[PDB]
Amino acid sequence: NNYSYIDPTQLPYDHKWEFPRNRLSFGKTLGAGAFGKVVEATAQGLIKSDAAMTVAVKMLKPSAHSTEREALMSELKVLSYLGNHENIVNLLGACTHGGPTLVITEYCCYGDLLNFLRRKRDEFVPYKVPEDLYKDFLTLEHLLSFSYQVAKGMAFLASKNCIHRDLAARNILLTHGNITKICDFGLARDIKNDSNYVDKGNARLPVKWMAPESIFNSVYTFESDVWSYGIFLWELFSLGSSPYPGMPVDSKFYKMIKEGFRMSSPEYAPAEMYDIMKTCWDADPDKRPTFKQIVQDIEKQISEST
Ligand SMILES: Cc1ccc(NC(=O)c2ccc(CN3CCN(C)CC3)cc2)cc1Nc1nccc(-c2cccnc2)n1
Ligand SMILES: [Cl-]
Ligand SMILES: [Cl-]
Ligand SMILES: [Cl-]
């Protein structure tokens with residue numbers, strides 16, 4: 001089962017979310033996997049004054065089977081259960097009557113964070129971008145803010161007993177004002193053809209982001225998400241590089257993780273952020289920081305840079 005602690009079969013779908021599907025107008029695909037996709041759409045009458053707005057809509061493809069139909073309804077129940085939160089992609093509505101399940105969220109102006117970092121990598125500026133302000137250079141200040149916002153969103157998920165299990169820059173969205181939103185593409189990512197997912201047993205898993213207890217024992221906990229957040233930090237401060245660069249996931253990789261090999265600091269990581277990474281990758285889950293502790297650590301770093 002994919003729910004470590006919460007039980008979505010006992011969580012109620014709040015009908016306040018229900019939206020008439022005929023008021024959606026579908027546009028371009030934002031991401032697609034084997035069985036699901038997310039599309040841009042315009043929603044009419046979602047706003048009380050009958051102004052139009054752009055949203056993102058998740059739906060299954062005709063390729064989908066009963067398992068995926070149940071999974072999408074479970075996902076909707078979990079998002080409804082989580083409720084509103086500024087660091088999580090905002091649920092706006094859903095369509096459950098009169099057709100297949102549709103899940104409607106806000107549209108995030110700048111897309112996923114991994115591609116944003118790669119797009120901005122070549123013009124990154126560590127300190128002090130004035131006359132150059134119009135270019136919207138990526139700065140160290142932004143990276144610290146991203147780390148802080150994702151940690152705050154993850155502390156929220158943990159406070160709801162929710163385990164992400166695929167925390168990574170590809171599952172962070174960026175909107176106006178350098179604001180991040182944790183999401184989960186899930187079935188709307190083509191993991192079959194994504195080299196960041198690796199065949200393990202009968203599954204395709206994000207092995208380079210996974211804690212050892214998740215790889216070898218299929219254990220998913222608050223503490224295993226913290227390990228993934230450590231890998232996410234490495235992506236962030238390497239400006240979108242793939243982790244363990246040049247290492248295939250093979251028997252040698254699993255042995256090195258078990259033996260205690262860990263990545264060195266990426267080129268742009270402040271020492272105190274690498275400190276967080278190292279503690280997130282402790283072999284002992286009980287010695288990793290909590291997300292709440294990470295939030296307090298990074299908040300101090302941000303106030304000390306200013
Ligand atoms: C339209 C939609 C429907 C559902 C979701 N779902 C989630 O974001 C999500 C996040 C966390 C959980 C919690 N869950 C707990 C259990 N573990 C195993 C999985 C995660 C569930 C759903 C997002 C979206 N939004 C979305 N998804 C992908 C891309 C985009 C997008 C892309 C580009 C521009 N703007 C938006 N927008
Ligand atoms: Cl469906
Ligand atoms: Cl969960
Ligand atoms: Cl060190």
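Counting begins at 1 with the first residue of the sequence. Below, all heavy atoms of this structure are taken into account, side chains as well, without hydrogens, waters or symmetry copies. In each ligand, atom 1 is the first atom listed, and ligand 1 is the first ligand listed.
The chief contact partner of ligand 1 in this model is named by UniProt as Mast/stem cell growth factor receptor Kit. As PDB records put it, the drug at ligand 1 is imatinib.
For imatinib, the atoms closer than 4.0 angstrom to any heavy atom of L79 are 4 (C), 5 (C), 6 (N), 9 (C), 22 (C).
Within the structure, imatinib lacks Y110 among the residues with a heavy atom less than 4.0 angstrom away. Within the 4.0 Å heavy-atom criterion, neither part of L157 lies near imatinib. Residue-level proximity to imatinib for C109 is absent, since no heavy atom of it falls below 4.0 angstrom. Closest UniProt active-site residue, chain A versus imatinib, heavy-atom distance to 1 Å: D166, 6 Å. Here is the list of imatinib atoms found below 4.0 Å of a heavy atom in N2: 18 (C). Mapped onto UniProt domains, the residues of chain A touching imatinib mostly lie in Protein kinase. Residue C108 has at least one heavy-atom neighbour below 4.0 Å for each of these atoms of imatinib: 34 (C), 35 (N), 36 (C). The distance from imatinib to the heavy atoms of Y3 drops below 4.0 Å at these ligand atoms: 16 (C).
Checking distances below 4.0 Å from imatinib gives these other ligands and ions: ligand 3 (chloride ion). With a heavy-atom cut-off of 4.0 Å, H164 touches imatinib through its backbone alone. When only non-hydrogen protein atoms are considered, atom 5 (C) of imatinib lies nearest to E75 OE2, 3.3 Å.
The proximity of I163 to imatinib, defined as any non-hydrogen pair under 4.0 Å, is limited to the backbone.
For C162, the heavy-atom gap to imatinib drops under 4.0 angstrom.
Per-residue contacts place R165 under 4.0 angstrom from the following atoms of imatinib (heavy atoms of the residue considered): 18 (C).
The distance from imatinib to the heavy atoms of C183 drops below 4.0 Å at these ligand atoms: 8 (O), 10 (C). The overlap between the UniProt ATP-binding residues of chain A and the residues with a heavy atom under 4.0 Å from imatinib is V38, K58, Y107, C108. If you look at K58 next to imatinib, the close heavy atoms, those under 4.0 Å, come from the backbone and the side chain alike.
Atom 2 (C) of imatinib has as its closest protein heavy atom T105 CG2, 3.4 Å. Measured by non-hydrogen atoms, the distance from imatinib falls under 4.0 Å for these UniProt Mg(2+)-binding residues of chain A: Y3, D184. Atom 7 (C) of imatinib has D184 N, 3.5 Å as its closest protein atom, hydrogens excluded (heavy atom only). Residues in other chains coming within 4.0 Å of imatinib by heavy atoms are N2, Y3, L30, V38, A56, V57, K58, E75, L79, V89, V103, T105, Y107, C108, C162, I163, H164, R165, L173, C183, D184, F185.
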